[PDB]
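Featured here: a structure holding ciclosporin.
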Amino acid sequence: XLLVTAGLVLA
Amino acid sequence: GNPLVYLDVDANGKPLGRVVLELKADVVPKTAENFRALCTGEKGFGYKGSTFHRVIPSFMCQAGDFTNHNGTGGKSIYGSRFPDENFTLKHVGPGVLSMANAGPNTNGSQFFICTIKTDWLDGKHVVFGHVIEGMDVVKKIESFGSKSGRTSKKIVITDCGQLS
C-alpha cells in the first residue's frame, strides 16, 4: 500500500 | 519561536538546492528536538551525508537512516527508539514532515516529507513540522523516485543544520 515503515516495508 | 532547520540535497553529486523545515516544538517538543539535533550533529551523529533511500512519486520522500542507509536503521538522540509523543498534528497536505516508524513507539531517525495529503497516516505517525521553503527541491527529489520507491540517482543530504 502507501506506508512509511523502517525495516519491513508493507503493501 | 519554533526551530528552523535546512537540508541541502544532491543527486549523483549535483546540487538540487535547499529545503527549509519548521519544527513544531510548540506541539511536539521532544520530537522536534530530536530532529533539530540530528540536523546539527551536536550529539556526535546525525543526518549529514545520508540519503533519501525511498522516494515514491505523489506520495512522499523518505530519509534519515544514517546508520544502515537502507531503511532498516537510524537512531534517535534518546536511543534506538522513543515513544510517540502525540498525534496532534495531522498529515494535511504536501510539505508535511513526519516520523517514519515500525509500529507504535518506534521513532528513531527516519522521516518523510509528504508530496500529497497522507491522512491515512494520522494517528500512526507523529507529524512534527513542515516545509517552509524549497518545496521545488522536494519536487526534484520526488522526480528521482519510482513507484517501487527505488531511486534512479543517489539522493544525498550533503549538508544540514539549524537556521534558528
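Numbered from 1 within each chain, the chains take letters A, B, ... in sequence-line order. Non-standard residue? Parent letter or X, and its extra atoms don't count.
Within the model, the positions assigned to ciclosporin, copies included, correspond to chain A. For ciclosporin, the chief contact partner in this model is given in the PDB entry as peptidyl-prolyl CIS-trans isomerase. The organism that the entry gives for chain B is Homo sapiens. The bulk of residues of chain B touching ciclosporin reside in UniProt domain PPIase cyclophilin-type. Binding site of ciclosporin at 4.5 Å (heavy atoms): B:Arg54, B:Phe59, B:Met60, B:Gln62, B:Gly71, B:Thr72, B:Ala100, B:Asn101, B:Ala102, B:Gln110, B:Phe112, B:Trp120, B:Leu121, B:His125. On a non-hydrogen basis with a limit of 4.5 Å, residues of ciclosporin contacting chain B are A:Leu2, A:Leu3, A:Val4, A:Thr5, A:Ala6, A:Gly7, A:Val9.
Chain A - PDB entry name: cyclosporin A.
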